[PDB]
A.B. asks: 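Sharing a structure below in structure tokens format, with a few things to ask.
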Amino acid sequence: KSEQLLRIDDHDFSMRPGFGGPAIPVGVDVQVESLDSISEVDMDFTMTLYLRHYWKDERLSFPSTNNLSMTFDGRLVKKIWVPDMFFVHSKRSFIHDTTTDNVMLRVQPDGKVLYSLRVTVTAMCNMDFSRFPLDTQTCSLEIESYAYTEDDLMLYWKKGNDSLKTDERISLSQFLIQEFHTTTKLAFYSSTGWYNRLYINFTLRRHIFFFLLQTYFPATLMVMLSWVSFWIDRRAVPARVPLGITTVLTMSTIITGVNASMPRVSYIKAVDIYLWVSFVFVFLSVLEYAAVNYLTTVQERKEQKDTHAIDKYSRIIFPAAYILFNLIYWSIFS
Amino acid sequence: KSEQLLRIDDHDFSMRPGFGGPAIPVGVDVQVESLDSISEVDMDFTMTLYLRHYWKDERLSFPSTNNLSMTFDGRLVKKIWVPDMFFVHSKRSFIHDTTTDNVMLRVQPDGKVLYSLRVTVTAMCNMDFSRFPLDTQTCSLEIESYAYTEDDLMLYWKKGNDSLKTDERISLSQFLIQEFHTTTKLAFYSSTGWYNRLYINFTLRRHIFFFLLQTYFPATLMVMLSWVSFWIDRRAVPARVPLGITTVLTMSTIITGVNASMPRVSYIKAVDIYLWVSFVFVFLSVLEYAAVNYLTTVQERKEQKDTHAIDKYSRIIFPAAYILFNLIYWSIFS
Amino acid sequence: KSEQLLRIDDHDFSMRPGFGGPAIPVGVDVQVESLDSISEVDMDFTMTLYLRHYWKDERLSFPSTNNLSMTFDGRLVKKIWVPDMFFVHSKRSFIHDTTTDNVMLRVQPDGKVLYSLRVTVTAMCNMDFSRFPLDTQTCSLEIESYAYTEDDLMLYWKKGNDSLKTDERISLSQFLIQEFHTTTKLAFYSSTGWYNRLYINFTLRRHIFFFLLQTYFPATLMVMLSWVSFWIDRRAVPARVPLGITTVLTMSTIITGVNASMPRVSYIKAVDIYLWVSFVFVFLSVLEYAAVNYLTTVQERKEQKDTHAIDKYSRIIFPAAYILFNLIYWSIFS
Amino acid sequence: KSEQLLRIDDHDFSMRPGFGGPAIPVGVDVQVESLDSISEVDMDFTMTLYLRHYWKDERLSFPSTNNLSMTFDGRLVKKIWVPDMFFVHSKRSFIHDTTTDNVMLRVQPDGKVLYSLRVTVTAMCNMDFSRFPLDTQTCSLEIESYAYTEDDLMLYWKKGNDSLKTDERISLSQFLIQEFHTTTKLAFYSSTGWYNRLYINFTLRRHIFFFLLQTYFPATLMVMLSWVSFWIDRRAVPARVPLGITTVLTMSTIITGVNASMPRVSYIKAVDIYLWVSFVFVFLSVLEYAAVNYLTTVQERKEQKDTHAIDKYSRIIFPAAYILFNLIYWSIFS
Amino acid sequence: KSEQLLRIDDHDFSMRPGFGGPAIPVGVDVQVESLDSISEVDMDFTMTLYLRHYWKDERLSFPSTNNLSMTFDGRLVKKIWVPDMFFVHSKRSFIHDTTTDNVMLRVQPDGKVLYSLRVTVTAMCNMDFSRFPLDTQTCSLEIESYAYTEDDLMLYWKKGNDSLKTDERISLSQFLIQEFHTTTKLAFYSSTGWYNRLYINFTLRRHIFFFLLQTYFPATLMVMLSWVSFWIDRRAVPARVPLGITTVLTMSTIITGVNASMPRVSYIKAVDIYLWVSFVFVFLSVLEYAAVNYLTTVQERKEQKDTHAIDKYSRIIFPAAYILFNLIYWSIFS
Ligand SMILES: CCCCCCCCCCCC
Ligand SMILES: CCCCCCCCCCCC
Ligand SMILES: CCCCCCCCCCCC
Ligand SMILES: CCCCCCCCCCCC
Ligand SMILES: CCCCCCCCCCCC
Ligand SMILES: CCCCCCCCCC
Ligand SMILES: CCCCCCCCCC
Ligand SMILES: CCCCCCCCCC
Ligand SMILES: CCCCCCCCCC
Ligand SMILES: CCCCCCCCCC
Ligand SMILES: CCCCCCCCCC
Ligand SMILES: CCCCCCCCCC
Ligand SMILES: CCCCCCCCCC
Ligand SMILES: CCCCCCCCCC
Ligand SMILES: O=c1[nH]oc2c1CCNC2
Ligand SMILES: O=c1[nH]oc2c1CCNC2
Ligand SMILES: O=c1[nH]oc2c1CCNC2
Ligand SMILES: O=c1[nH]oc2c1CCNC2
Ligand SMILES: O=c1[nH]oc2c1CCNC2
Ligand SMILES: CCCCCCCC
Ligand SMILES: CCCCCCCC
Ligand SMILES: CCCCCCCC
Ligand SMILES: CCCCCCCC
Ligand SMILES: CCCCCCCC
Ligand SMILES: CCCCCC
Ligand SMILES: CCCCCC
Ligand SMILES: CCCCCC
Ligand SMILES: CCCCCC
Ligand SMILES: CCCCCC
Ligand SMILES: CCCCCC
Ligand SMILES: CCCCCC
Ligand SMILES: CCCCCC
Ligand SMILES: CCCCCC
Ligand SMILES: CCCCCC
Ligand SMILES: [Cl-]
């Protein structure tokens, strides 16, 4: 029996190696397999990875006439001591178990141990959509011991920045992923003490040109089209009025569609500001012709009893104001 | 063996400490980690937290030459007595178990015990949307013993208002969170008796300006635009009619979009009242020109065989009525 | 040991109390905690409640110098006999298990037993939407023994109509709940025999005014607006034609939006009938002016080589027909 | 002890009754309780039913002074032999377990056994939507032994067509259910051999009138309305042009709404063909007036330097072509 | 007892057959039952299949007077050694367990073993939608040993390309499936070594004509309709202006609907390019008439104090440019 070579019943495996003395160091390596999904409304992401641990335990040393190691499955875990790692700020996770539990244990003749498992985790990530669609987001995954303070267990990256590997075909449907790196920091709990915590960081970005073409282009085109009325004869009322009222209707339908396609985030964003400023511009264009028509009718009635100056001034004033607004807007939001 | 220092087999752990005598006090502390989501249609919220208990049991005292404590995992729970807490008015919950069960047990040499676990819970919360989007909501989470009356188990906050801690980056996508505090109250069951119950309370609010700009602005702009027709010559029927009919169409499309974006709550809200009053105003504007045109045609036919008074009165009457309505509406709903 | 006071190993708990003789009566009480959700497409509802049982078993009597009872958790259930209740016509259910199983057992010194558990269940409910939104629905939850006929187990409400309690803040987002009561009836299975079955009944209703304002109002307003054209001069073709064609477009957009907001039920309802009758009315209004214009052009051409009678008759005929239709419709559907 | 009357430890229950000899027959009966849901996109359905088995095993015979049978729960299943049935072409299933496992076992004194359980299953069903909404679908549920060939286990319906029962109130929200019946057929696996397979069949249909009124009616009405322009004076260009352009807009909005309400199936259906033919008809109507106006302007200019024949021919040609198309279409698709 | 014929307790089943010597070969066969679903947003697919293994183990040989084999259920798996296969790049999987675990074991008298199970798996698949809807996708499923390198376990297809079978009625709602085949490749892990990996490949395609008719047809028809204005008299301003403004509105509504029906992929696709080029064409058509009207008004005013050349040139220039664009576009994207 392979389990009789290790004196399982001759040791108490309820206690850590080296109990009573200096803390036992544990090394960690991580391989990211894929990103599964992201949720903007719930502000969280899902990931699948391999987790590996390294430490030494003299109690597991066995005699040998060569240098071959023994491999075990997950059934041996319950008979020995292993680190109790958990993910911080996580919402749900589980360990794969098809066709059997995805757990492996390797023991060297001198007592070195390797412990590996395959897991999926969902973690929180606070997001800010003030500068949408030009916004940038940063995420992290956290690992910590649940019951062991730094005085008993010392947690670190096995090989520094080289302990993190990522799959070559990791990608997201609506985001670009960049700048993976790792960090460490100490955490304090008033109940027990200080703990070591490991981090994995990365950054997310959007495709700008797609959003530009979908949103900014039609509004600008509609604003430019609203200016055509300034060059039509003021005596053609049945041409002048329905032009403006149909332009307002088109702008309203565009805004409603754009709202219907965006993530349901209930606070002001930059695109909304741009759209509503364009709406206000379209509205003022109709007000202008209203004034011009009333003034012309009053003058004709008074005379009874050429280009109007308002149109001549508007032809210059409206484009200049729109250009100034664009310049300020793109200086603020880059 | 660490478990041989505690006389597990020398005691009956089916019975509470102090059985037959005064009730055993139990203290509680809670740390909120994050809010996960909220559902307005189902009226419930989800939360993740740490739960901690404190009590004393002489049966667990062990001799020691120092003052060091022993730490245990979840496997020891089934061999001893622990409080049976549960969440009241909850829909679902579970305990995290990756990479192993998130449970810890600490025993002092004098028999003091600390019991901590990490859990996610979904709880009900009745909501009222009468004053939407200006409404405010209050929520609470409840904790109670399942089988032990106050005569056997006394439940309380360990440190009063200081027993509650919240994460510094707790936030919701579409809500603002404020005013966390704790309370206690007694509950009565006719089957068994009286029980102690603990509460955790907080308040929710919306972003007003976003809803204002999305909903109230376009309706007001359309109502103001409908008034332009009063200043156009009454002899331009092909300009007067299509203006009004297109304004009605635009208002209808706006209302349909606004309905399509709101949570599916099937009873009257304030925003609906505002929108339909604006719709009625637009409708009356078309009726006005209908009357004016019929009267003018009748007068011309009678004569055959200047500004009309109706327009002159409407130019003043319509804005005043709209202002009065706004004043009453914003006095009622603040 | 508390379990040594009951002679567990001295009895066979695979057989019911009183085996071989008259059936053992069992009493039931239910407390409804909340309604969780409802699904109109799948026609089912979800509920959370406490379930309690009462019976007597002499085998569990224990000697005592006082009149105190013993309390047990769910671990004792597997060592004794308990009733095997199940929910009929249910889709899914489960028992809460945080922080431990929500089960309690109380034994009196004379052998009386109380057995309580907390459960969530989803049950079917056939619905008929013919009279939507004026429809009414009735639901029920059913409880029955799985393996025991009335000759072995007699099931009844412990205290008649007083065995049912409901929470004071039970509510649904889109429904009103009323008229809770209980009933019993016998059921027959050809495989085994007759069984007792318990019922819990309640009724559901909608908010009428919300649906009225959302649906019936705009259609009526559009039908009334379509009548304006009868009072405009027949010589203004460019005003008469686009009015009607835009009214048809507005009505079509309204119908499409109303369809987009309703539950996806694929058979005819009353609201659809009302909407399509209004659509037909709008369509006939355009046909009327088409005829009037053709007749006027023919007469002018013949003469070449005042109010038309059709308009004068239509002004009276259309409103009367619409009023008659409304009267019949609201007499049929109340 | 009831389990001591059956010599459990005196027999090997790892082997089928009659091992080494002729195959043991097993009879099956099924009672359908309800249909839970259907998914057109994923093409599958869900069902809840009772499953019952019948066979004889001499090893379970026990002496008795009467003819009473013994009833067992699911805990005895693991101690004896039972058939290993499974559902073929299924996606997921489970056995109900509230308040305990829904399993029953009945043993006669001569060794006859009845084995019943309550289960929910989701199964695949390939669907074809070519003739939607006039299409018809056929479904089936399949049952088979997992490890036993016909040489060891013979599976059949206990009572032929009478072994299938259905609930009197089984219904689906958007479908009609009819023609339940059962069949059997042999299946071959190259790995092991031949197996018996049982079938349960039924048929599904839609409500035709609802779809007719929702889809076909508005398109026909719009096509008929487009013909009005043929009877208006050709000199009223501002009435003729906007009529046609608004009719095209209305038709486009109707088609978009109809697409938005239908199941997301990405291949051509009959309703789409009808809608796009109507669209083409509307488009040709505008082209006609374009030609008429250009020809009239050319003739007036040439003369400078009555009803047009095109309108007279169109008034007859368009309705005849539409009627012919309808006749062919409804002859093809019935 | 059947398990006493195999000397279970006389062997250590924690170690592979042939331990210490050459690697043990294992053969694999797969039968695909159905495809369950696909997700374009999450880029993954689901499948159900049977998995079978073949190998030889002398430790399981038993004496026999004939050549009959013994069949076992899943309860024997835990008492012997079996290969630890797992799926690479998978998101979730599970083994069916109704009415019991779907596992079978067959042992020949000489020690040959067959091991079969039924499983459902969801796997990742990176997709590229640049050429949508004309795009093509390739997918694969991967199988590998979790703890055994090629030096200990040799994995291969049992019968080459004949080891893969597919159901005759496998289909997807919105895709066509073709070209199933298998491949093998070696993989390297720096932690342990080299591993054998098996592949299953297939290809996906769309229905082109459906997308053509739904998307490309209406845009082309609207572009062609916008050209009608070039043939109308330039003196009919109230006919010329609203035509163009309504054509722009119709095009915008079409684009919004098309966007509302497509999978939410946030980057540029070919269909978007086609739609926005058509939009630009419609916009230029309105600009043309604006210029023509201004020039005519200026000339009339100057004279005060026939066909215009712009229309004559446009009638030829616009269709030629559109044809050239179509030719280039369909040469690029085939
Ligand atoms: C809530 C933070 C300030 C947001 C400012 C938005 C201003 C937009 C006004 C648009 C007017 C048309
Ligand atoms: C149901 C509680 C009273 C709601 C009152 C709403 C009144 C709105 C009328 C709108 C008329 C256009
Ligand atoms: C299917 C049961 C009869 C439904 C009758 C509906 C009649 C509505 C006709 C509407 C015509 C515009
Ligand atoms: C893909 C199978 C043939 C489908 C034929 C559809 C023809 C519809 C043409 C509609 C033209 C407006
Ligand atoms: C992002 C890769 C290049 C995409 C090029 C799209 C060009 C489309 C322009 C449409 C102008 C109306
Ligand atoms: C904001 C004013 C709305 C009414 C303006 C009507 C036009 C006035 C022209 C003098
Ligand atoms: C008619 C004079 C020129 C009109 C266009 C002016 C554009 C000004 C942009 C700064
Ligand atoms: C509510 C009345 C609808 C018909 C009114 C038509 C206009 C009348 C002008 C005198
Ligand atoms: C249902 C008839 C459709 C064509 C009617 C065109 C108007 C005719 C006026 C005499
Ligand atoms: C012009 C005569 C009165 C027009 C309105 C008549 C309404 C009739 C409703 C019964
Ligand atoms: C003006 C002559 C009759 C117009 C309608 C003809 C309908 C033909 C349908 C076959
Ligand atoms: C398909 C042709 C589109 C341009 C036609 C413009 C009308 C021509 C009238 C002679
Ligand atoms: C000369 C006609 C000018 C028409 C107005 C153009 C304003 C927008 C220019 C892009
Ligand atoms: C009026 C001269 C012909 C107009 C149509 C020309 C089409 C050119 C396509 C290359
Ligand atoms: O309850 C606790 N007191 O400290 C810790 C926990 C859980 C997470 N590890 C540190
Ligand atoms: O069934 C009961 N009778 O009292 C209680 C319960 C459950 C919740 N604790 C108090
Ligand atoms: O299979 C059965 N034969 O009778 C019954 C069942 C289940 C539900 N209880 C009565
Ligand atoms: O793997 C198999 N070889 O034959 C069968 C199976 C499963 C389903 N029963 C027949
Ligand atoms: O952790 C590992 N080191 O090598 C492997 C694993 C898992 C998958 N098998 C090969
Ligand atoms: C009218 C558009 C101006 C854009 C300027 C952008 C400056 C970075
Ligand atoms: C016309 C808007 C009036 C708003 C008044 C608000 C008073 C608090
Ligand atoms: C025109 C509406 C008539 C409503 C009558 C209602 C009778 C109960
Ligand atoms: C114009 C509709 C004709 C319908 C004919 C139907 C023949 C079965
Ligand atoms: C105007 C459409 C031209 C299509 C050409 C296609 C060449 C393969
Ligand atoms: C829209 C503003 C017009 C101002 C006329 C004096
Ligand atoms: C805003 C334009 C004013 C023009 C004054 C003549
Ligand atoms: C819309 C009301 C008009 C009243 C004319 C007297
Ligand atoms: C409602 C306006 C009435 C005007 C009377 C002259
Ligand atoms: C819409 C019907 C008109 C009838 C003219 C005689
Ligand atoms: C339907 C109206 C007919 C009028 C006859 C003069
Ligand atoms: C729409 C086709 C018109 C043909 C004129 C000759
Ligand atoms: C398609 C109609 C042609 C008419 C010829 C005079
Ligand atoms: C739309 C471009 C018009 C150019 C006139 C010179
Ligand atoms: C783009 C058309 C230009 C025409 C020049 C006469
Ligand atoms: Cl006009």
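Lettering of chains follows the sequences in order, A, B, ..., and the numbering in each one begins at 1. Both counts, for ligands and for their atoms, begin at 1 and track the order of listing. Below, all heavy atoms of this structure are taken into account, side chains as well, without hydrogens, waters or symmetry copies.
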A.B. asks: Could you tell me the main partner of ligand 15 here, using whatever name the PDB entry has for it?
C.D. replies: Gamma-aminobutyric acid receptor subunit rho-1
A.B. asks: I keep wondering what the drug at ligand 15 is called.
C.D. replies: gaboxadol
A.B. asks: Which other chains have a heavy atom within 4.0 Å (strictly less) of gaboxadol (ligand 15)?
C.D. replies: A, B
A.B. asks: Looking at atom 1 (O) of gaboxadol (ligand 15), what's its closest protein heavy atom, distance included?
C.D. replies: B:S116 OG, 2.8 Å
A.B. asks: Can you see which UniProt transmembrane segments of chain A, counted from the N terminus, have a non-hydrogen atom within 4.0 Å of gaboxadol (ligand 15), strictly under?
C.D. replies: none
A.B. asks: Among protein heavy atoms, which lies nearest atom 4 (O) of gaboxadol (ligand 15), and at what distance?
C.D. replies: A:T192 OG1, 3.2 Å
A.B. asks: Considering the heavy atoms of A:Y195, write down every atom of gaboxadol (ligand 15) situated less than 4.0 Å from one of them.
C.D. replies: 10 (C)
A.B. asks: Could you establish whether A:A147 and gaboxadol (ligand 15) come within less than 4.0 Å of each other, counting only heavy atoms on the residue side?
C.D. replies: no
A.B. asks: Would you say gaboxadol (ligand 15) has an N or O under 3.5 Å from any N or O of A:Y189?
C.D. replies: no
A.B. asks: Starting from atom 2 (C) of gaboxadol (ligand 15), which protein heavy atom do you reach first, and at what distance in Å?
C.D. replies: B:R52 NH2, 3.6 Å
A.B. asks: List the closest protein heavy-atom neighbour of atom 6 (C) of gaboxadol (ligand 15): residue, atom name, distance to the nearest 0.1 Å.
C.D. replies: A:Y146 O, 4.1 Å
A.B. asks: Using a 4.0 Å cutoff against the non-hydrogen atoms of A:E144, which atoms of gaboxadol (ligand 15) qualify?
C.D. replies: 9 (N), 10 (C)
A.B. asks: Report yes or no: does a heavy atom of B:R118 sit under 4.0 Å from some atom of gaboxadol (ligand 15)?
C.D. replies: no
A.B. asks: Among all protein non-hydrogen atoms, which one is nearest to atom 3 (N) of gaboxadol (ligand 15), and what is the separation to 0.1 Å?
C.D. replies: A:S191 OG, 3.1 Å
A.B. asks: Report the overlap between the UniProt 4-aminobutanoate-binding residues of chain A and the residues with a heavy atom under 4.0 Å from gaboxadol (ligand 15).
C.D. replies: A:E144
A.B. asks: Out of all atoms in gaboxadol (ligand 15), which are within 4.0 Å of some heavy atom of A:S145? Include the element for each.
C.D. replies: 9 (N)
A.B. asks: Which residues and nucleotides from other chains come within 4.0 Å of gaboxadol (ligand 15), counting heavy atoms only?
C.D. replies: A:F86, A:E144, A:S145, A:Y146, A:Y189, A:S191, A:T192, A:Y195, B:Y50, B:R52, B:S116
A.B. asks: With the criterion set at N/O pairs under 3.5 Å, what does the list of contacts between the protein and gaboxadol (ligand 15) look like, atom names and distances included?
C.D. replies:
| from | atom 1 | to | atom 2 | distance (Å) |
| --- | --- | --- | --- | --- |
| gaboxadol (ligand 15) | 1 (O) | B:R52 | NE | 3.3 |
| gaboxadol (ligand 15) | 1 (O) | B:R52 | NH2 | 3.3 |
| gaboxadol (ligand 15) | 1 (O) | B:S116 | OG | 2.8 |
| gaboxadol (ligand 15) | 3 (N) | A:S191 | OG | 3.1 |
| gaboxadol (ligand 15) | 4 (O) | A:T192 | OG1 | 3.2 |
| gaboxadol (ligand 15) | 9 (N) | A:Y146 | O | 2.8 |

